[PDB]
Amino acid sequence: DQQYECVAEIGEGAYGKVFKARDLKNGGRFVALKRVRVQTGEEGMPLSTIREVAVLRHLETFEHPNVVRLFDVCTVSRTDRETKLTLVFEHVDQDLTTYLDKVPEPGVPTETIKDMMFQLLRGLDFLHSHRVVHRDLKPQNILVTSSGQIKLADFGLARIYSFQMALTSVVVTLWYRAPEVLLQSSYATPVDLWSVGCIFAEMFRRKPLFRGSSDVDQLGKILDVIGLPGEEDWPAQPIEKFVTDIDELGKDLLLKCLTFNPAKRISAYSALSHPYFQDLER
Amino acid sequence: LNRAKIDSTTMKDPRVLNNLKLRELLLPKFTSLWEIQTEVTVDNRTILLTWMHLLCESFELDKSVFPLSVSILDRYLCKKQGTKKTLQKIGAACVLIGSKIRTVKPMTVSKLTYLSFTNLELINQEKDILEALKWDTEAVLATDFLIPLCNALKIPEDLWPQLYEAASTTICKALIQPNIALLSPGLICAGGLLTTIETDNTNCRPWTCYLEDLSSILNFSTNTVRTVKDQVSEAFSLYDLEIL
Ligand SMILES: CC(=O)c1c(C)c2cnc(Nc3ccc(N4CCNCC4)cn3)nc2n(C2CCCC2)c1=O
Ligand SMILES: [Ca+2]
């Protein structure tokens, strides 16, 4: 309850806001605090919050390097007021957004581009192989540590996927949504890779690729680039225009994530092995 | 309204099956179910579990809600002591928590209390489960193994939808019973599948033919597998709303 002190507010997360703060009892280092104001309406703990913690807790004994870590859940019940929550995570220095904004000219080095992509896909692979889909993949949720390491953050829209389960038609933020979601269709993991397709590109061109305003426009925007596919794929313009400074193998991977049909779109595992990545950790 | 269709990543990847088995080794062994209890018996549990089952079934919640409701309830009833005039509450809070995680339209408090303690009093009984289990809520469900087992057994995909619907239905009921609470979720599933396969052959091979394979897949002996089938097939038969 009184082990901390808030500094700057590093962004308004799932329900409310997330603060930068220091721990006192520990080494004096940094902690990430998510404040969750539970409405004294009548639903109990927010759905989104219960879920998100459960998933993060469930995988924590793996200690995956490309995923954020949760240390604690405070909870202090008030008989004088509503409850409030302190959700406490590892702090990370900046997000992909701020980093893309701060990086010197001429933008991020291609070899960094390759590595961030790698780590990102790697964390994704993990998450999917445990049947978790993190269906809210955006630059603001991708975190970059001081040593330039990748952490997926905000798991408040993530859930374990099971055959024939019910779905909300409403997932991922506008810019990084996939055609299947836009078309009000059924969806799954390929959704994350679409996002990684979009992000991949936002790395080279330090500007979001598909910037829509309605869902219908958001869809056209996409189709303006990727092109109209056949009757087969329904349940152009050469990319290099929209993504200059990209290598030939970076392109093939980028298209492979930006495949209209989801069942055709590449997976993390096969993506992790796509010839774009040979140069890396070797 | 939309439903989760087949996803090769999540369903046909062998290492998916591989991790279920692994994460199964996370929740440890109830040497005896509800030992910590100094009031409520297992008989009380069967009763609360059929009320909780009926709740899920009649509100048509996704099939993975109940098993997880069970798993929460159990885990929870070591950490704290339950009572007879209080189980209704606790079980009600498990379904409420389970629904919040594993289903898009979760069981509301007003739905749960009105049917059954104040809705304030139920909200605490949630809080108290959450912090008792230290928010580590999720679990490998017997359910989670269904498609990964169909895939591993090379069952044609066009059978998955029925097979799924059918054996998830039988697993869920089976879970009501005392003795099933002790079996490994992988096995409960392998049992669910075989029983189901047995009744309407579904145009697969017959039950027989999958015994040696599931024993290979899961890494138990065949006897163990043959037993868990009988066992789950039993648990199903003993479903009875009259006990309510
Ligand atoms: C609860 C989380 O999963 C989580 C964590 C753990 C995290 C940790 N470090 C961050 N570190 C950051 C995050 C953002 C910045 N910038 C500050 C200046 N403006 C733009 C962002 C700096 N440091 N940011 C974090 N987030 C943000 C994602 C959306 C809102 C919070 C998070 O959800
Ligand atoms: Ca539902």
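Lettering of chains proceeds alphabetically from A, tracking the sequence lines in order. We number chain A the same way the PDB entry does; the residues here are 10-244, 259-305, in that order. Throughout, chain B uses the PDB entry numbering, with the displayed residues spanning 8-123, 127-254 in order. In listed order, ligands and their atoms are each counted from 1.
- Here, the main chain in contact with ligand 1 is recorded in UniProt as Cyclin-dependent kinase 6.
- At ligand 1 one finds the drug palbociclib.
- Other chains with a heavy atom closer than 4.0 Å to palbociclib: A.
- For chain A, the UniProt active-site residue nearest to palbociclib, measured heavy atom to heavy atom and given to 1 Å, is A:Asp145, 8 Å.
- The model ties palbociclib to no chain through a covalent bond.
- Palbociclib is contacted mostly by residues of chain A from UniProt domain Protein kinase.
- In the PDB entry, the organism given for chain A is Homo sapiens.
- Binding site of palbociclib at 4.0 Å (heavy atoms): A:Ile19, A:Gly20, A:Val27, A:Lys43, A:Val77, A:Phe98, A:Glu99, A:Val101, A:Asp102, A:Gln103, A:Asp104, A:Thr107, A:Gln149, A:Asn150, A:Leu152, A:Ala162, A:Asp163.
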